[PDB]
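Figure: (S)-(-)-nicotine in its bound pose on Nicotine dehydrogenase.
Sequence lines map to chains A, B, C, ... one by one, in the order shown. In chain A, numbers come from the PDB entry; the residues present are 51-482, in order. Chain B is numbered as in the PDB entry; shown residues: 51-482, in order. Below, each value reflects all heavy atoms present in this structure, side chains not excepted, and no hydrogens, waters or symmetry copies. Looking at the header, which is where the method is noted, we find X-ray crystallography, 1.9 Å. For ligands, and for the atoms within them, numbers begin at 1 and follow the listed sequence.
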Protein chains: 2
Amino acid sequence: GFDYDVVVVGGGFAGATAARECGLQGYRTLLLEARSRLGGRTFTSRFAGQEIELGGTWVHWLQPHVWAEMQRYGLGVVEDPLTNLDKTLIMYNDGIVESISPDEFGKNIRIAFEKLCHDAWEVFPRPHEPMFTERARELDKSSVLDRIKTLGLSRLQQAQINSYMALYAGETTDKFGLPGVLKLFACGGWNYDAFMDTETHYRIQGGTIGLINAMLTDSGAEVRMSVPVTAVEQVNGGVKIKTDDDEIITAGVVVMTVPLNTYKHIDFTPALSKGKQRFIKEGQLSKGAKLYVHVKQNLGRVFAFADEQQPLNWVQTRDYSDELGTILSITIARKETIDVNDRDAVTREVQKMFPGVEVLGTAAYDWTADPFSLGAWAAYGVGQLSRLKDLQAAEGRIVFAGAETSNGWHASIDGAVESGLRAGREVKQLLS
Amino acid sequence: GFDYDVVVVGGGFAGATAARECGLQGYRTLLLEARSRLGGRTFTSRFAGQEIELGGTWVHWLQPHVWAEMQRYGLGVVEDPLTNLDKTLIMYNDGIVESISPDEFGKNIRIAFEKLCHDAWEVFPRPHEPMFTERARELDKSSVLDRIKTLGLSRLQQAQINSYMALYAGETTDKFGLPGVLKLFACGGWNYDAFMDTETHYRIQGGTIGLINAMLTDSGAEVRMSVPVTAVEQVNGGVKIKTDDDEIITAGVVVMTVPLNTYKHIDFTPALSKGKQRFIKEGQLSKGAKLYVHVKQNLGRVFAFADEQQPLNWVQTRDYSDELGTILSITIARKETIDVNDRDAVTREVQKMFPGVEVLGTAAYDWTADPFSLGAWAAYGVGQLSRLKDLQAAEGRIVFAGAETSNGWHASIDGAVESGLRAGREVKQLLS
Ligand SMILES: Cc1cc2c(cc1C)N(C[C@H](O)[C@H](O)[C@H](O)COP(=O)(O)OP(=O)(O)OC[C@H]1O[C@@H](n3cnc4c(N)ncnc43)[C@H](O)[C@@H]1O)c1[nH]c(=O)[nH]c(=O)c1N2
Ligand SMILES: Cc1cc2c(cc1C)N(C[C@H](O)[C@H](O)[C@H](O)COP(=O)(O)OP(=O)(O)OC[C@H]1O[C@@H](n3cnc4c(N)ncnc43)[C@H](O)[C@@H]1O)c1[nH]c(=O)[nH]c(=O)c1N2
Ligand SMILES: CN1CCC[C@H]1c1cccnc1
Ligand SMILES: CN1CCC[C@H]1c1cccnc1
């Protein structure tokens, strides 16, 4: 006799997926979202006359959960200009920007990545069972920098791969866990060309928010925004959920999908297991941010890495023409290197990378400062992947999901969807 | 005012998927299946104390649609013994059986396959859009043998790759379309090690029939077996469906999922488009069959190719031990090379490959003789992939699906599931 069969906390991809799974079974379903918008660590917006994605953006058909959703809802891919590049740049830690022949640039990051992931087949034959091999557990004592130091890379190759890895860490690479990277590489078919294609090439037709809305419309669930959950109590065979204004909603089961780094906002009664408490105290690593810049010049199709002591770590073209100029998509590994909301600073750093351009505008999102993400994409520190099952475990009538808790594409939209399908299955089990 | 909102014809993976999609929307749904069982070109059975799969068997997490279903229903993988092989054999067209070091055997098929598919990245950058490039249309004038003749392969390599390709054709390789193979290779991450892992390594926990049953239970649809549809007439804004005993069922929309090679059993009014009629007159190529053999000896973990003039084209171990002996899974490219239901012949051919073994039993399935498949897995002849859209097109209130009609993994369970998700979306569009 509860208010709802299931309450889903969080309206990103994990929560939207879980609510869709539950609603299609006929369960009375409520989704509670803290922000005044949906999408979570994805956010569709507009800038310089284009639709832009200020969080998670790119997907691929090798990513099984999100691709199946795109198949169900009839969403095509939209290709960003990553082939036939006009310029490929590396900006080293010492501030030098060097233009590299695009063919040579791609050959060298491929060599570095395949060397970094040389044992991916042996360590992760089953990337959706991350601790399947003893070697993966042994490697979880090492960081990505530990391995980079043994590869004998050239100066170009070392700068490229350390830029790539600092971005995926949202942190310096001495803190970044090694097995999680090998596992993503295995997910992308154990080969660099395939894996790179999955990461920044194709966007969703209609945007991330379009797929969120399709799922929630399908679900039939009641959806409420601007309602943060601040406490969850298991009592009377179900759960009592309290919001910041002390209203109480009861439910048979709760699906938690909030980002790991935000669990400090929520009091659990009884306390969560010690393993989960350890993960909550640690958090995940990433301190990233994202921004678009509109410049007056037509730079064509460009790509740049910047190493971890520099701010503009991953740059590529979103749009270009003589009439428009260029819109650049820029992802930042560590928000401490640049205040993406400080336009003067942004203009200085962009000109450092592209001397002589005039900045006509910017659009930025500081995911690390946002109270309802407190960080960016999921990134495991040393030793954390080994303990993933602690985060995944159900605790009585509370089910846990979110990209951090997925087995496969944990840094991606796909991993969020995966965790939501798992959550739907677990809700069905708990309501049987 | 029809009997049903939607009638799904056929209870293989495409039909089970479509019925699930439609039932979860609340549409009044009926599935009609011709055989007295479900599963279509998959069939879970029992032999020598083990559960066996006499049709489609192996899946992979790089296959997005079937993997997402396994995530939803909580189905793990079951690994067959393909690593650390004890014996790898090649049987040439001239009947010689040669034992090859397993490491060398794998190196040589990898070289042959990567050479055959050397241009897969350029021809199929988007494997789910098969005619995206002009080069793919140009290559659809050539057969797989046409390309093999230009590779300069060794005797071992040519025999290995021609065996592999005759199996995927279910026919001799001079008739097999080239682009469809390049496209499957692209689906498997554009690399041989990944692609091979997707094809014969992992089975579905609980079997193909377990996943069919889960989908149809979820669907809530009414399911009727031993009811072949023999005619479909579009009339009165919907469809009239006639069965072999002249009963008539009416519906708003019909989803056709029967195998292409069986369309001769069904009269359409009005006639289907000329493009579809051409495909129906041509059919798809494969003439394959499958069988398991129980021998008294423990052969360990074995793998064999046999070239296309010989019958046992793809052999691997299903189970082995000293107490049990060995169960071998054998797939046959062309049913004209061996009568899989003739036990004496099977014993002769197995002994030709494994001289000295004692055959204790067999279990076989002649998919090419079965009236409700009239062939095996989908295999395109020369020029057919270019015309795929003709087969996919809706015709008024009739939607078409089945693995032959998919864009990606068309030779697989995954492509069937893909086509069923597409059909569900199209039914939703037609009922709006
Ligand atoms: C800048 C940037 C860039 C990328 C990416 C992320 C970021 C930040 N990613 C990763 C991808 O965006 C990410 O993995 C998923 O969006 C995570 O979805 P979840 O639903 O797990 O969490 P997510 O954080 O999206 O959703 C959780 C929800 O919980 C809410 N919430 C928090 N506390 C709450 C409370 N107390 N009460 C109620 N609700 C609460 C939040 O407001 C949020 O809506 C990505 N991926 C990819 O596939 N391709 C890409 O290109 C990128 N790039
Ligand atoms: C021997 C063998 C081996 C393999 C495979 C196939 C075969 C035959 N495949 C391919 C895979 O099995 C195949 O692609 C799908 O099962 C096809 O699913 P569909 O639903 O498209 O057709 P499918 O043929 O399964 O379903 C069509 C249904 O329509 C019914 N029907 C026909 N005419 C009718 C009528 N007039 N009225 C009513 N119903 C009618 C049939 O009885 C059948 O149940 C495979 N794939 C893979 O992923 N891994 C693998 O290892 C293999 N290996
Ligand atoms: C594809 N991604 C997953 C998480 C980070 C992200 C990414 C990669 C390159 C540039 N920006 C974001
Ligand atoms: C994995 N497959 C798809 C269709 C044919 C099939 C196959 C491959 C190897 C041996 N038997 C069947």
Place of (S)-(-)-nicotine in the structure: ligands 3 and 4
Chains in contact with (S)-(-)-nicotine (ligand 4) (heavy atoms under 4.0 Å): B
For atom 1 (C) of (S)-(-)-nicotine (ligand 4), the protein heavy atom that lies nearest, with its residue and separation: B:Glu249 O, 3.1 Å
Non-hydrogen atom of B:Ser462 closer than 4.0 Å to (S)-(-)-nicotine (ligand 4): no
Atom indices of (S)-(-)-nicotine (ligand 4) within 4.0 angstrom of B:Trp108 heavy atoms, with elements: 10 (C), 11 (N)
B:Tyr218 neighbourhood, listing (S)-(-)-nicotine (ligand 4) atoms whose heavy-atom distance to it stays under 4.0 Å: 1 (C), 2 (N), 8 (C)
Closest protein heavy atom (residue, atom, distance) for atom 5 (C) of (S)-(-)-nicotine (ligand 4): B:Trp427 CD2, 3.8 Å
For B:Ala461, the (S)-(-)-nicotine (ligand 4) atoms whose distance to one of its heavy atoms is below 4.0 Å: 3 (C), 4 (C)
N/O separation below 3.5 Å, B:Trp364 to (S)-(-)-nicotine (ligand 4): no
Residues binding (S)-nicotine per UniProt in chain B, non-hydrogen atom under 4.0 Å from (S)-(-)-nicotine (ligand 4): B:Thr381
Heavy-atom nearest neighbour in the protein, as seen from atom 11 (N) of (S)-(-)-nicotine (ligand 4), with distance rounded to 0.1 Å: B:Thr381 OG1, 2.8 Å
Shortest protein contact, atom 7 (C) of (S)-(-)-nicotine (ligand 4) (heavy atom only): B:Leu217 CD1, 3.9 Å
Enumerated (S)-(-)-nicotine (ligand 4) atoms positioned under 4.0 Å from heavy atoms of B:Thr250: 8 (C), 9 (C), 10 (C)
Organism, chain B, PDB record: Pseudomonas putida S16
(S)-(-)-nicotine (ligand 4): binding-site residues, heavy-atom cut-off 4.0 Å: B:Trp108, B:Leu217, B:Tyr218, B:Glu249, B:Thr250, B:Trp364, B:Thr381, B:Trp427, B:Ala461
